[PDB]
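The next block holds one structure in the form of structure tokens; read it before the comments.
In order, the residues displayed for chain A correspond to 40-625 in the PDB entry numbering, which applies throughout. For ligands, and for the atoms within them, numbers begin at 1 and follow the listed sequence. Below, all heavy atoms of this structure are taken into account, side chains as well, without hydrogens, waters or symmetry copies.
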Amino acid sequence: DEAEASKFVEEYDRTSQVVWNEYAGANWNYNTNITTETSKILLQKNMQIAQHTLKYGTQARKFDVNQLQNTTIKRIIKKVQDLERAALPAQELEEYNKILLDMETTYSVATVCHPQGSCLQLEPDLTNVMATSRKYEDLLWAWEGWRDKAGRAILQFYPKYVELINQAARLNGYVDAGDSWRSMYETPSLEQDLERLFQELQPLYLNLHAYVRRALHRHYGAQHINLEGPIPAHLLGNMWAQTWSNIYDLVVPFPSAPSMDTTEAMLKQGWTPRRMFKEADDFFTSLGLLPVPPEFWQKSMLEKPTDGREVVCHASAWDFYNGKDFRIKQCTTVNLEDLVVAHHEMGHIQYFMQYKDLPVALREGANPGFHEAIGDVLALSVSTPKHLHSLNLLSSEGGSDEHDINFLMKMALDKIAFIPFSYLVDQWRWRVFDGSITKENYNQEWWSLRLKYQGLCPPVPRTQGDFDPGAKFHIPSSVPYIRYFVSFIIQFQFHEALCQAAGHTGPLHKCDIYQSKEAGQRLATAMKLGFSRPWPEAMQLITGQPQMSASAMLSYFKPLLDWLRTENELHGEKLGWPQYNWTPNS
Ligand SMILES: *[C@@H]1O[C@H](CO[C@@H]2O[C@@H](C)[C@@H](O)[C@@H](O)[C@@H]2O)[C@@H](O[C@@H]2O[C@H](CO)[C@@H](O[C@@H]3O[C@H](CO)[C@@H](O)[C@H](O)[C@@H]3O)[C@H](O)[C@H]2NC(C)=O)[C@H](O)[C@H]1NC(C)=O
Ligand SMILES: *[C@@H]1O[C@H](CO)[C@@H](O[C@@H]2O[C@H](CO)[C@@H](O)[C@H](O)[C@H]2NC(C)=O)[C@H](O)[C@H]1NC(C)=O
Ligand SMILES: O=C(N[C@H]1CCS[C@H]2CCC[C@@H](C(=O)O)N2C1=O)[C@@H](S)Cc1ccccc1
Ligand SMILES: O=C(N[C@H]1CCS[C@H]2CCC[C@@H](C(=O)O)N2C1=O)[C@@H](S)Cc1ccccc1
Ligand SMILES: O=C(N[C@H]1CCS[C@H]2CCC[C@@H](C(=O)O)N2C1=O)[C@@H](S)Cc1ccccc1
Ligand SMILES: [Cl-]
Ligand SMILES: [Cl-]
Ligand SMILES: [Zn+2]
């Protein structure tokens, strides 16, 4: 009967709110205070939430969702039938929870030490070395050292993690954990759709890569850069070479049109982490969207503690499943890169507030890419030179074609360079999960993809025992990655649509949607759906059509594509890395 199924979902919602709120609290308390005691409590709460998931999931599987008429009830029940790791026998469940905590903790406490010298943490110390050092050997020390300490230490856990996450997936009716993850998109054509989008971005990426490679050749020397080969992976300003904008100084298209040092401007003008989040809050409310609650300011961790606590620094946003308590945990540094991250995280909080009155089972983004995209959309407007000048972080840069191309390059170094990285991470993990890549070949297959998609090579040959994927947060934390590929594509579609709704004319990259209530309304209507409808409906509400499409990103960067093609042709660049086997001689 429809009536027993409606009652079931009402009971599930009531009880899940309580249990999920308790689990979220214990998880937060460990993430913001890594201790033996908080780990023990977290593992205990893990068994408590598993008992609830098993109880209600077992009930849900007694309903034949075929017979169910109401589609929202059918949708909730189908979801609750997936027990996730609560499908595991008790011993394997305890083992999985411990392995996950061990991997997460290992990553978040790893340090890289000089001999009889200081020990560096990833945030801020190694991040700053990668961003600012311009000495090959110092960058190599940080790049190799991080992999030696964090990556190699994850390897002992990863095969058993794979076994257990796959076992749970099979117990819930999937073939492996990658199948489970991909199912979040409810899109049978997902793999083909993502491949087509990746291929559309190749002209831009290959041209950007060749131009940056030439600039690296100029700085690091002809003996260290092959103009027809892959780029050494430690030279791009970022530990993972996933975003390249920190080497803007090495690649600036028009050096005669310099930009104000934004870090020094933020520091000289007294910006703090709290100010950064307040500015993001102001952008959301300028669109008519919701302010974060007072409680957010009391309870969030917006900077690394100075009091002796060890924490998980990697920035993240937290819903406590009570409609009131939402928090960010970020070890914020005062610079423009982290201002963008603060917007990314504030977008999650906005989504949490928008869907807070849906049943908890539907309190998720339309798909995981939508969740990661919202804050980045607003940050596209914040990042415009006009907006940054309004914040007194740049001088006036308008009315200058040189400044225009410089800005597009700054944006491409992050947004375009990230496309191949974000594509490859779960290409690797899906093949680990499906058994195509074994522990014998984890690292070799990672580097084959880093070459194939990003055109990068490791500066030091890898050795048996290396596990470089473990040195990237999302791997030991079991956070899917294709969401970020989707996000980077769709955030430009959203920007284009919101700019049109705001009445902007002229080139897309000049748009700033600040204060547009029409733009806010598009976003709010879509976010309020949560996970209640197939994601093409939310896509339609924002953009006027239902597909994912690279057209908006291509339009944004069209003037830079034209500039890059002319520049690369002038210098005779060979796009790609036809000398694909090249690696550094020294
Ligand atoms: C299929 O069932 C859904 C879900 O119904 C809700 O959840 C069930 C478990 C039961 O507890 C129901 O009693 C309960 O309504 C129906 O969706 C719901 O429809 C109602 C009626 O339009 C929506 O009410 C609105 O609520 C807002 C505030 O939240 C008011 O301001 C509005 O004026 C309006 O009254 C409700 O939001 C909506 N809920 C969800 C989660 O979608 C759905 O109508 C039903 N389908 C059919 C064809 O009957
Ligand atoms: C970090 O975690 C430790 C361990 O849970 C906290 O110390 C506990 O604090 C509670 C309440 O303050 C006491 O009831 C326990 O007896 C304490 N346990 C130990 C082993 O000291 C500590 O307060 C936490 N720090 C922060 C800043 O939250
Ligand atoms: O993405 C996430 N959670 C995903 C992880 C990848 S798989 C996916 C599909 C199958 C069911 C369930 C499973 O893990 O088994 N599930 C998840 O929880 C976290 S970051 C955000 C989120 C939280 C709650 C609900 C939805 C999203
Ligand atoms: O997404 C996240 N954090 C950001 C912070 C930096 S910006 C952003 C965009 C670029 C791609 C990706 C990157 O840095 O690898 N990324 C992030 O990881 C968090 S909300 C993911 C998470 C969710 C729940 C629990 C734990 C983590
Ligand atoms: O939300 C996530 N991961 C969830 C997936 C859905 S189930 C949930 C409840 C039971 C315990 C635990 C489990 O069984 O894996 N768990 C998860 O890890 C990831 S994406 C985000 C995240 C990562 C690290 C710390 C905090 C958040
Ligand atoms: Cl790597
Ligand atoms: Cl995903
Ligand atoms: Zn995020």
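The option from atovaquone, prednisone, omapatrilat that is found at ligand 4 is omapatrilat. Most heavy-atom contacts to omapatrilat (ligand 4) in this structure come from the chain listed in the PDB entry as Angiotensin-converting enzyme. For atom 20 (S) of omapatrilat (ligand 4), the nearest non-hydrogen atom from the set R522, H387, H410 belongs to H387.
Looking at omapatrilat (ligand 4), you won't find any N or O of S355 less than 3.5 Å from one of its N or O atoms.
Near omapatrilat (ligand 4) (under 4.0 Å), the structure shows the other ligands and ions ligand 5 (omapatrilat), ligand 8 (zinc ion). The bulk of residues of chain A touching omapatrilat (ligand 4) reside in UniProt domain Peptidase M2 2. At least one heavy atom of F512 sits less than 4.0 Å from an atom of omapatrilat (ligand 4). A heavy-atom separation below 4.0 Å is not found between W357 and omapatrilat (ligand 4). Defined by non-hydrogen atoms within 4.0 Å, the binding site of omapatrilat (ligand 4) is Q281, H353, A354, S355, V380, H383, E384, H387, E411, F457, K511, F512, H513, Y520, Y523.
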